[PDB]
Structures are given as C-alpha cells and as structure tokens.
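Notes on a structure featuring ARM210.
Reminder, nothing fancy here: chain letters follow the sequence lines and each chain counts from 1. All heavy atoms count here, side chains included; hydrogens, waters and symmetry mates do not. Contacts are counted only within the shown part of the entry, which is not the complete deposit. Counting starts at 1 for both ligands and their atoms, following the listed order.
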Amino acid sequence: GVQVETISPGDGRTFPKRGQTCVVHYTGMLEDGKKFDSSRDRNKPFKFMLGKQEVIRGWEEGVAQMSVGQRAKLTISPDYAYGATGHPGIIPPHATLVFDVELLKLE
Amino acid sequence: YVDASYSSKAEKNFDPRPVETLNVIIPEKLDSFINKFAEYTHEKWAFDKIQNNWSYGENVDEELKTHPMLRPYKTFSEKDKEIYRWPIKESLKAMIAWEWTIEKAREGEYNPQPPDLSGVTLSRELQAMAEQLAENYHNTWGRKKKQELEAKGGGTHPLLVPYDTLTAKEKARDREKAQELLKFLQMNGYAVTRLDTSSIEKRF
Amino acid sequence: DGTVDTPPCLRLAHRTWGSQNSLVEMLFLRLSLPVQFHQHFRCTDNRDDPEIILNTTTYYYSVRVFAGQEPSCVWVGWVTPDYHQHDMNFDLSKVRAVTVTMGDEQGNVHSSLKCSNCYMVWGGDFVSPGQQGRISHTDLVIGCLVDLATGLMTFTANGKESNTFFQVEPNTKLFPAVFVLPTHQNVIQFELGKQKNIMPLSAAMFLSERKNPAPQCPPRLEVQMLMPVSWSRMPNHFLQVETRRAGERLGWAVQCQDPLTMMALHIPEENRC
Amino acid sequence: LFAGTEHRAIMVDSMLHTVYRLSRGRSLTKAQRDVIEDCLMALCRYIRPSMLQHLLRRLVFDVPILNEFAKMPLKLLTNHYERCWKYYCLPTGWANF
Amino acid sequence: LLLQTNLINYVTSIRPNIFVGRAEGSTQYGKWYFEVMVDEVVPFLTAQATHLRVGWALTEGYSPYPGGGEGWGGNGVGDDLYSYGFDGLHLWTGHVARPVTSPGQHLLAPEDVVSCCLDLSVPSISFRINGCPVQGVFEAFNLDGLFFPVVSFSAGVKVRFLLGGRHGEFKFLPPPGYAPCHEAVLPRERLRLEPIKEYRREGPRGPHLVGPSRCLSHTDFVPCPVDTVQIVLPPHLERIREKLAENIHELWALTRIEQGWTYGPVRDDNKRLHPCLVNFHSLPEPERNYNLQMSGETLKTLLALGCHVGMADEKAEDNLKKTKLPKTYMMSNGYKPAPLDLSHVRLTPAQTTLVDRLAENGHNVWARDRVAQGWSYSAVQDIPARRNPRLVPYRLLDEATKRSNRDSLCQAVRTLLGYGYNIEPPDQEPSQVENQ
Ligand SMILES: Nc1ncnc2c1ncn2[C@@H]1O[C@H](COP(=O)(O)OP(=O)(O)OP(=O)(O)O)[C@@H](O)[C@H]1O
Ligand SMILES: COc1ccc2c(c1)CN(Cc1ccc(C(=O)O)cc1)CCS2
C-alpha cells in the first residue's frame, strides 16, 4: 500500500539495500492536508536502517524504491502504517499517510 | 434649480373650476374613435383581470374582488357598454374645448390583442396638453368631491389642492389616465394642436 | 424553535423596510458551519425506515422565501470557504468557474473536473410565467440535497426535482448560503429540517449527531453575512524582491533571497489562517 | 419632542394642518390667536423639514394672497427656510436630515 | 475544534505591466505567449518547501496579501479562482493541486523554461516545460477582467521573464497564431515588473503607504463612438460637408509636404508619393470620397454631441483667402494646393474642448471600423497580420498621436468658422465612471 510519486530526480543508480542506514528528511501530512510530523522543523535528519522494522512498513518499500538525492511523495495506506489502532493523539484510526521524503544519503 | 414642470395656469378657500363643454355642441365627425375608444377603455379592464390572476365572471358577487358583470362580447350586455362611454365622452369634450382642434391624418378602419401601455415617452408639446387634461380630471374630481364636503363648512379633503401643487405619487392616477388616452391617439395618428426653452434659461 | 409540524429555523427580517433611510442592497448570507464530503466516494405514513435512515449519506436543508420577497432576487445553494465575491449586481453568470482537463500524450481527455466556489440555483427558475400576481400566496421553499458519499448535489423547487445539479470532489467543504436582495419585511428563512429517509444538516455538521435524525439548531450554528472590508495587521517585515532588466536577450529578472517566516493561526472550519 | 416623529408622520401632519386651520379662525380673540400662532411656530422649529411638505403646500395657496391673515405664515416661512436652508440648497442636503 | 498553529513562508507575486482580455468589439488580440526561465531555486531555504509557480491571473480578484489567507497562507498563483498556476508537477487553481503528466516530471528546477499560452477565444491556458507539452489545460473560465503574466514565489528563487522582442529572447518558438506578450504593452506605459496591489513600498526616508491602484478594465479597450444613426444634416451643412473633405485633404496633403511627400501615381508613405499632393480639385474625386464618409460624420458628430450649428454666414463662404503651398516647397507636380486660409479664425476655450471631443470620437470611429475588419492592437506594426500600434481607444493613446489628431480636427473646425457658420459649444454634462 505504498505509492511513490517522484518530486525531484536523484542519481537513479544507487538504491538502499537491507542493513544500510538511510538518512532522510521528511514531512508527513494526513491525506486530507493536515501536517503532523516533519524532520525539517527539528532541523535534524532522520536516520533508520532498512530491514530492522524501525519504521512503519510503508517506509520500508517506499524508501527502498528511491535513489540517493531523490525527493519523492509516498502515499501509505492505513494497513502499511498504524492502521486501525492508529497513533493515539497524533494519527486518527484508518488514516492514509502522505509523506514528502528526500533521501539525503546512505551510511 | 430647474423645475421639471416649467408651466403654470397663471390663474387668479380653493374652488376648482371645471371646463364648460356641455353648452357647446360636441363635433361627431370623428365618431369612429369616440365610440370605439369609449368601450376600448373598458376592454382594457378585461386585460387587467387576467393580470389580477382572477378571471372575469358573469354572476354578481363580492367574493371575486373584481368586476362582477364583466362578460365576453358574445354574452356581454350593452346596457353597461352604453353607460361606460360617458367618462370618455366628456374626456373628448374636455380636450376639444381648450381650443385644441383634432384632425384625423390617417384614413382607415374576447381579448384586447393591441396592448395599450404607458411606459413609452412622448413629445413635450403634446404631453403638456395631456397633463393639462389630467389637471381637468383632478379639478372635476375635486369639484364633485367638494360639493359633498361643502355641506359641512368645516375641514377639507387632503387632495383638494391645485394640480401643480400635489406631488407625483398622487398625480399618477390622473397622469396615467390622460397619458393612456394620448397613447391610443399616438399609434393611430390623431393630430391635436393648439416654449422650446433650454435648461439654462429655466434656472431659478 | 422546532414545533411539532415545523423544524427549527433561522429567519431573516428587515428591521427598517419601507421606512425612510432604509438600506436595500444585495445581501450575502451563509451558515457558520460547513458540511464536509467524505474522503472517498462510493464506487459507481411518511415515516423513515430505521435501517435506511441510519445508513444514508444524504442531507437536506431548505430555504423558505416568504410571500412578498421576489424569487427573482433570491439565490439558494452552497458556497465553498473561499468565496469572497461581494457583487452588488450578482447573478449566476458572475460565479467563478474553471474546468481542469487532463489527457494523454495525444489529446484523449481522460479527466475533466469542474471547479467553482458557489453552487446555487436562481429563484427565478421556479416561477411560472403567470400573467401577474408574481408575489405568490405560497412561499417558495427551495430544498437542497447533498450526498456526502458521492459528491452529488440536487435541488427541489416545491417538492419537484429541478434539472440543475452539481458534482464536487471529496473533502469539499460547503456552507449553506443564500444570496438575496430584500424586497419585503420578511426575506428568507433557513429551514434546518429533513425529508423522508434523509438526515438533517445537524447530522452532518456535528460528529456527536451523526446518527441523530432529530433536527437541531445548536447555538454555534448562526447566520453570517459577507462584510466587504475588515481590519488586517501589516507584517513587520516584507520580502525583499529585486527586479531588473538583465538584458535584451536575458529579459527581466526576479530575485528574492532573504527568508521570512510567520506563525500562522489556522481556523479549521473556515479553512483560512 | 417632535424631533423624531417620522414613524407617525401622518398624525403629525394632521396636527399641523389643524393648528394652522385654527389660526385662520374667525371669532378668536387676539390673545387666543397668538397662542395658536406661537404653538405653530414652536412645532415647525423642531419638526423635520421633510414632514413640513404638506403644510408648505397649503401655505403656497394662501400666502400669495397677502391679506391680513398672511402675517403669521410669512414669519413662519422666514424661520423655516433660514433654519433649513441647507436642506434645500446643498446638493448633499442637511446633515442627518 | 482547537486552533492550529504552524510556521509558513511569505509568498510574493510579481507581474509585468501587460494586461490582455477579451470583450465584444475589443481591440486586443486573443492569443498570447510568454516564457519564464528558472535560474536558481533553493529547494528548502526554511523548514517549508520553496514556493514557485508560473501562470496567469485576473486583474479583478487576484489580490494576494502577504501573510495569512486561504488554507495555510502563502497564497500565490492558483490559490484562488482568479489565477491559474503551474509548479512543474501540478496545475493550481482554487487552492487545489491537481497532478499533471509531462515528459520527465519534476518540480521547477534551475535551467527549466516554462512556456505559458493564453487563448482567450476558447478560453484556454496551456503550459510547456522545456519544450515538451504539459498534458493539462485550464478552460471555460471567466473573462470579466484582464489577464496578466504572474509568478508566485518564496525566498530563495531567481527567475527571468522572457517576453519576446527586446525583453527576453524566447528559448522555444511560440505556437502558431500566438503573439509575444511584449506586443501588448500600451503606448502610454513602459514595460516593467511590479508587485500586485501593494499597500506598502520602500522609500528614501522610510516605508511608503500606498492606496488602491487604478486598474483598467476589459471594457476600456472597446471603442465607444457617439451614435450617428440620426443622419439628418441641414442642407447648408450637407453641401459644405463635401467641401470640408476637400480642405482637410489639402491640410493632410500639406502636412505630408512638410514630411517630404511629393506628387506620385503610387500612394506610399516611404516613397513619399501622393496623387492628392497637387490640388484639392486635381485630387481624384473617388479618392476625395474616401474620407467623405468620415467627413460626413465630422459634421454629424457636431449635431450628435449636441452642438448647435447653422449657416450663420453665407457671405463669409463666398469671400475668403486661400493659403497656398510655397513654390519652393513644391511637390513633383509643381502646383500649389490651396487649402482655406483661417489665420484670422479664433476659437473660444469651450470650442477647444469640442475639438478634443471631436478628435476622440474620430479615432473611436476609425478604431471600431478596423476591429470589424479584424485589426488588433500591437506594439509592433504588422500590416499583413492586421496589427496596428494605434488600434487603441483614444484615452489610451499616447499624447504624441493624440495631439496630431487634435490638430487635424482643429483645422476642420477652423474651416467651418472660416465659412462663418455658428458653432455653439454644448453645455457639458459631468459624469462619474466609478471604475472601481
Ligand atoms: N479615415 C481615416 N482613415 C485612417 N485613419 C484615420 C481616419 N480618420 C482618422 N484617422 C486616424 O488616423 C490614425 C490611423 O491612420 P493610419 O494608420 O490609417 O494612417 P496611414 O498609414 O498614413 O494611412 P493609410 O492606411 O491610408 O496608408 C488614427 O489616429 C485614426 O484615428
Ligand atoms: C481625419 O481624417 C483622416 C485622418 C487621417 C488620415 C486620413 C484621413 C486619410 N486616410 C486615407 C486617405 C488619404 C488621402 C485621401 C485624399 O487625399 O483624398 C483620402 C483618404 C488615411 C491616411 S491618414
């Protein structure tokens, strides 16, 4: 349930594989247009490693399809995010999440 | 300031003198219009009923709040037709008594298909005569009204004032009636004839 | 208040009609709360059925044009939260409209959406050309139906379905609105009622009343009028924009480098900040 | 107290005509006549100019006669137009009138 | 329920002073084209993405104020129903972003060229990025105003307007039938880049407060000559109407002699040859009758404007001096044209105002006649394309040409006064247009 729509092209050659740390800058909004999270506000890039289930499964496939330097828009269905339980106080249940993710680098 | 009605009677409580025309003989050479338009005004009342959204009826009744004896010409008795012409008869007497000769330039001739309206404009010289005739409507109306009122000697009707003094809202009654007669004379081509002042010369 | 035979209403009256110094001009009214269409649309006696009424997504409200108010000077419908057209000579031709058309590499239009900020009907379309008596004995009761699960909007003249209809996109916010030029002491009346197997507006405006078929007029719901001018605060700093003619072949250059940020307070129901 | 009687203009206009008609009354003593005239002068000083239109219409018929009864209307007209000259002359009219 | 807060960037719009529109009888062309080239964009100068949109906006309604507004602020092109923008990935209108497909979709980046086409006939707005068509068009929108190019942006951008001609060479050839936007600049104004409805600007000693700005309307480009349906000229005016055409032709021929025109079988401005540049009588009658229709209106407009004119003097017409061209200032033919000598003639200040009104009407009559023939206004003259720099209403005309028409009408009035005919200046009726 992840759809990846490109915003700005990357290198198109290097892609993140399993066990590699991904450094991304993201801004997450509900699909109706309400923002709820953004790494830009904290002014600190978000780091995570693929395959360790550190993030929601929607980010697992979405970032894997992106290249280094690419900025893309990921639309994640409720099943590939928090879903029925949701995130209490942040994300309502059965909410589709839209993310503007830029893959800064891999480490 | 320029007065819209730049004219006056230049005459003289208030006694509205009517116009004496019964003494003088009424010319009947134009009887093709005298009788036709006399019943045409009441024919226009039939068109006024369909605009009232309540149609005409034969039986006399006070529930229809319209004319109770208005009937189609097939079953329209002429007893009312032969009494509604009197206001028109004196109306033609009135406009011909004020040294206004009328000449028929042209030579020709249940719903009044030709619609008589009053929203169109007209020339100043000819419209001035209509307003003068409308004045004669008011003073004759004032004369008969004051005859009943003069039996008391105290008070007066609020509209017992000269025609030029009363405002337009209370004038539209006689104004439209005189204009409507002139409009009928307009499309047929009746020439009635007995000034040219610019707006600058009309300033106070 | 809603009686046994009438629903709760918000009636507008002209205080100084007929008297000297009375103000007569186009009046743009709307209700204070919107109805929001669903995020996703569905694919493809006189008693409400309990199962139908609890599963329907159609909502109804009506406007009563009192006798004496000319229907030709009344417009009834909905407005989006971005309506700012204070036209003293308003008619349906002044309504903002635009069509966005998408296609493939060679024509072949596959999507043609229609956008507007005002979805209304003219009261002059619901009057027969009678000879006269245009001020009718019966008040004109224009009803509006919105289906939040399909984005379809329909109207009724006096219980007869009208030909005009509108289609809107999901997540659209619509405010019940009436544009009227007063011609009588009694002008209009928002009727927050319901039809058979159709929920009232209070069921759509409030989360706690989604399954309540009883019409309600809570205090937050009120009539709002369009005010042409309002006070606004001037920003303390403005973007420094440099404009110059770079040359005959380079054209005119626009440049802005220094960032500026403001803290915006957003009102959710009005979709403005 | 007659300053804002626009809502009852019909009754106020009738009052003005009656008191004026009383002034033009035979079998009235000189002392009685001035009391009627003083009342008419006082009323026209506070009544709005728009509500004096009908009274002026009656005066147009009577004042040009210039008989012995025309003395009071001449003074009444003098005070009216001196007080309300902006109502008739200025294109914008008198303020709030 | 609770009020929401967030940090947003300020967005400002910049437009050229180029205004186009469509109206019945308007003198403006229908199809326009311009380009915007992106030189430098910082994708994230702040926590919020950089704003950059290109498109068209309507004069009556598009007033983006700095700060708050619809949605979450930062309103630019396409954030209302008066503007239609394009940011590289979406078509913006009514504060709604609709994705659009183009070869190599990406957000507006440096070295990108955006081509915007405006066809008011449909009406339709289309875009091209780097020469490839954008598969999405705005259409069936309102036309009650004037359209201008506009770019909305936040801090961290650097773009250049390409308007054609000497104001930015086009990177790509415009589609056939479309005209460069530089041709739409009015004669009285110079092309420049300005903000939109600003209430504040920088000044020498401090910020300057600015009130509302006077804006033109689409109806301002529609000539409105006075009505001349009432074609009833007095017989003395009718006969002198043709003689008026004789005199104005000589005056028009005389002014051409100052410009260097000589007699010639061919009538060309550059060749400076004119068959009329011999004499009014030697001028061919059919050529004289070319302006007889215009000459008839000139006297007719006097009656139409309300002027009282009659044959006050007949002996004055019989005897009058004739100015002749100097023998030194001769044409190819060598004859001396003899226009009426009216040096002794003087005009009252009220009559001078009448000449201005006559000149304005004469231009409008010519303007609406050309519009019916398909002519349209353009900064650059193109006879095969029927584009004329003077195809504009008289009020929008530049003073240099405005004075030229005024002088010609003055001689025509002088000719009437030379004949001794009385000319009564009408009592001018003031009016308030209420443009805004
Ligand atoms: N009959 C007319 N024909 C042409 N222009 C006229 C006429 N009457 C007035 N004008 C004015 O002349 C100007 C335009 O003239 P135009 O461009 O046609 O001149 P030209 O090129 O010298 O003439 P031509 O096209 O006959 O060679 C405008 O200001 C217009 O108002
Ligand atoms: C006001 O009136 C005008 C104003 C300007 C011009 C003309 C007539 C003339 N027209 C063509 C023309 C030229 C010469 C003659 C002639 O000499 O007979 C007739 C017509 C366009 C050229 S500029």
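The structure holds ARM210 at ligand 2. Lab note: most contacts to ARM210 (ligand 2) come from the chain UniProt lists as Ryanodine receptor 1. Other chains, heavy atom under 4.0 Å from ARM210 (ligand 2): E. At least one heavy atom of E:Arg288 lies less than 4.0 angstrom from ARM210 (ligand 2). Contact annotation: for E:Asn405 versus ARM210 (ligand 2), there are no heavy atoms closer than 4.0 Å. For the ligand labelled ARM210 (ligand 2), residue E:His274 lies inside the 4.0 Å heavy-atom shell.
Residue E:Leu283 approaches ARM210 (ligand 2) through these ligand atoms, each under 4.0 Å from one of its heavy atoms: 16 (C), 17 (O), 18 (O).
For atom 14 (C) of ARM210 (ligand 2), the closest non-hydrogen atom of the protein is E:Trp252 NE1, 3.2 Å. The N/O atoms of E:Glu287, backbone and side chain alike, include one that comes under 3.5 Å of an N/O atom in ARM210 (ligand 2). Within the 4.0 angstrom cut-off, atom 19 (C) of ARM210 (ligand 2) has one or more protein heavy-atom neighbours.
In terms of protein heavy atoms, atom 16 (C) of ARM210 (ligand 2) is closest to E:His249 CD2, 3.4 Å. Atom 2 (O) of ARM210 (ligand 2) has as its closest protein heavy atom E:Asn291 ND2, 4.4 Å. Per-residue contacts place E:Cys276 under 4.0 angstrom from the following atoms of ARM210 (ligand 2) (heavy atoms of the residue considered): 17 (O). Atom 4 (C) of ARM210 (ligand 2) is never approached by the protein to below 4.0 angstrom, counting heavy atoms only.
The shell of residues around ARM210 (ligand 2) (heavy atoms under 4.0 Å) is E:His249, E:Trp252, E:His274, E:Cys276, E:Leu283, E:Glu287, E:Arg288, E:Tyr290, E:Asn291.
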